[PDB]
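Numbering starts at 1 and runs along the sequence shown. Note that ligands are numbered from 1 as they come in the structure, with each ligand's atoms numbered from 1 the same way.
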Amino acid sequence: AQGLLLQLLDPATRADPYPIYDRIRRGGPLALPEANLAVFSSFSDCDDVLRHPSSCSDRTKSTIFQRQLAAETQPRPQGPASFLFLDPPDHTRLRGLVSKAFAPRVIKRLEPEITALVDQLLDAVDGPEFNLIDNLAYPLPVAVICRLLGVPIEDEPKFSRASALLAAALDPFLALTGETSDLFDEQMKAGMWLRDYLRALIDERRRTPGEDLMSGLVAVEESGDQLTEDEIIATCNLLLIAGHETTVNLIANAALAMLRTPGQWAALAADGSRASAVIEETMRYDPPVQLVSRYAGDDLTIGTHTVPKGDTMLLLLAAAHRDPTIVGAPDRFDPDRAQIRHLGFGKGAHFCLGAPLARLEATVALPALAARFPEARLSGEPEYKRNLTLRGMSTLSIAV
Ligand code: HEM
Ligand SMILES: Clc1ccc(CO[C@@H](Cn2ccnc2)c2ccc(Cl)cc2Cl)cc1
Ligand SMILES: Clc1ccc(CO[C@@H](Cn2ccnc2)c2ccc(Cl)cc2Cl)cc1
Ligand code: NA
């Protein structure tokens, strides 16, 4: 159990973790009460945990979180990045406010901007080989999130640094190794800098509001107690990291899969309407978010496996998506299959509010990319980041 998880953590396996994921799933649920940890990997088990009324997202109920806090020799810096309690009503209230701005029909209005952005980025692409990450996959969703949150493009390099650091902090290193990350100090600093910057931006938007989402949230904060400044900072932290470290991998993973599967790139190049099917199959086959976690709010049962109160439950979504009880030929990338209702955007009370935006960004980017370069070929094996949870490529080289 410990061995297989350590192989999964090993950066050398990031390029292809799926043989390990399948091996973990076939081995069944991993019960590790000694490390306050349970690991689920089948579709049934992951679904059940995401559904369970006792499953908590709040860190206060985590035993590992309580142990980590007790061992620390200094107070954590002020801000939601270190700590913010939210009861179920707080969470529902925040989702309600954010969901209106991220509704598919509101997000749809960003298509012209996204289309012009995709066209300009592709116009800038030079042969004989280019890095898809640098040229399209990364800068597109970054430009969209910066404009949506009203963040100045001049400060983007600093927002890029903080998002990369905080996206890596979501790796369950403490739950799996027993010790904290080697980037812990930098992640703390990035959290501090973001807090101070967003606090300064919030104040500026009080005096001089814009048409951005941050300015919209400030107006709600200013109109009544329905929203606090800390809640705005927490929300904007989440959105900013989502904008930098998620869609990039949906776009890039899909491009990679099409290049690795004979005829798939050509098919999309000849028929743009295949975009949606390619995207959903990428969400299943090579998910941008590889895993999620929940904490047992009380003693609970998943199937026949009991989880003690306070323990962390890691859900290996990448493994769940290749479960032979839910999908035929699970380890094959096939956009022409009868698609499953995958867990790539989560589900229930915590379902991804950015799903419409992510889908829209990819739906514009991918078919334009294939149509622009129908002759495209993967020139070499891709280069991956250390990230396990928000897993992605730093280099995806395409020959043109
Ligand atoms: C393809 C890209 C994306 C993927 C694969 C993805 C995946 C996910 C998943 C799996 C969850 C559930 C977390 C859990 O259950 O613990 C989630 C939550 C969330 N996502 Fe995304 N996401 C993406 C892009 C985005 C974007 C671009 C935004 C907006 C900027 C966004 C906003 C959110 C928010 C606000 C939540 C929290 C909802 C809640 O806690 O109630 N996501 N995402
Ligand atoms: Cl729409 C929406 C808006 C905001 C949140 C809050 O999300 C929490 C995490 N959390 C806790 C329980 N479920 C997720 C959070 C995000 C960022 C920071 Cl820096 C700190 C915290 Cl505590 C959730 C949904
Ligand atoms: Cl300091 C800080 C604290 C909390 C967050 C939340 O980060 C979100 C970003 N995200 C990713 C996809 N959609 C949104 C997130 C990360 C990992 C997972 Cl598994 C799920 C989620 Cl919702 C970010 C920074
Ligand atoms: Na949540």
Visitor: I keep wondering which chain grabs ligand 2 the most here. What name does the PDB entry give it?
Guide: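 The largest contact partner is Cytochrome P450 164A2.
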Visitor: What is the recorded name of the drug molecule at ligand 2?
Guide: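 That's R-econazole.
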Visitor: Which residues of the other chains approach R-econazole (ligand 2) to under 4.0 Å (heavy-atom distance)?
Guide: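 Heavy-atom neighbours of R-econazole (ligand 2): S57, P80, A81, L84, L86, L94, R95, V98, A234, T235, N237, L238, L353.
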Visitor: In the protein, which heavy atom is nearest to atom 4 (C) of R-econazole (ligand 2), and how far is it?
Guide: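 Among all protein heavy atoms, the one nearest atom 4 (C) of R-econazole (ligand 2) is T235 OG1, 3.7 Å.
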Visitor: Please report which non-hydrogen protein atom sits nearest to atom 6 (C) of R-econazole (ligand 2), along with the residue it belongs to and the distance in Å to one decimal place.
Guide: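 The closest heavy atom on the protein side is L86 CD1, 3.7 Å.
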Visitor: Would atom 10 (N) of R-econazole (ligand 2) count as contacted, meaning some protein heavy atom under 4.0 Å?
Guide: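 When distances to the protein are checked, atom 10 (N) of R-econazole (ligand 2) has no heavy atom within 4.0 Å.
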Visitor: In the protein, what heavy atom is nearest to atom 7 (O) of R-econazole (ligand 2), and what distance, to one decimal place, separates them?
Guide: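 So the nearest neighbour among protein heavy atoms is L238 CD1, 4.0 Å.
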Visitor: If you have a sec, work out which protein heavy atom is nearest atom 23 (C) of R-econazole (ligand 2) and how many Å separate them, to one decimal?
Guide: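 For this ligand atom, the closest protein heavy atom is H91 CD2, 4.1 Å.
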Visitor: Measuring from R-econazole (ligand 2), which other ligands or ions can be reached in less than 4.0 Å?
Guide: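 Neighbours of R-econazole (ligand 2): ligand 1 (protoporphyrin IX containing FE), ligand 3 (R-econazole), ligand 4 (sodium ion).
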Visitor: Give me the nearest non-hydrogen protein atom to atom 12 (C) of R-econazole (ligand 2) as residue plus atom name, then the distance to 0.1 Å.
Guide: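 I find the closest protein heavy atom is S57 CB, 3.6 Å.
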Visitor: Provide, to 0.1 Å, the distance between atom 2 (C) of R-econazole (ligand 2) and the closest protein heavy atom, together with that atom's residue and name.
Guide: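 Atom 2 (C) of R-econazole (ligand 2) sits closest to the protein heavy atom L94 CB, 4.4 Å.
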Visitor: Does atom 14 (C) of R-econazole (ligand 2) have a protein non-hydrogen atom under 4.0 Å from it?
Guide: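 Answer no: nothing from the protein, no heavy atom, is under 4.0 Å.
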Visitor: With atoms numbered from 1 as shown, which atoms in R-econazole (ligand 2) lie under 4.0 angstrom from a non-hydrogen atom of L353?
Guide: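 Here the atoms of R-econazole (ligand 2) in question are 1 (Cl).
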Visitor: Could you tell me the residue and atom name of the protein heavy atom closest to atom 21 (C) of R-econazole (ligand 2), and the distance to it rounded to 0.1 Å?
Guide: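 For atom 21 (C) of R-econazole (ligand 2), the nearest protein heavy atom comes out as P80 O, 4.1 Å.
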Visitor: Pull out every atom of R-econazole (ligand 2) sitting under 4.0 Å from any heavy atom of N237, numbered as shown with elements.
Guide: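 The atoms of R-econazole (ligand 2) under 4.0 Å from a heavy atom of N237 are 19 (Cl).
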Visitor: What atoms of R-econazole (ligand 2) come closer than 4.0 angstrom to any heavy atom of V98?
Guide: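 Going through R-econazole (ligand 2) atom by atom, the ones under 4.0 Å from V98 are 1 (Cl).
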Visitor: Give me the residue, atom name and distance of the protein heavy atom closest to atom 17 (C) of R-econazole (ligand 2).
Guide: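 Scanning the protein heavy atoms, the shortest distance from atom 17 (C) of R-econazole (ligand 2) goes to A234 O, 3.2 Å.
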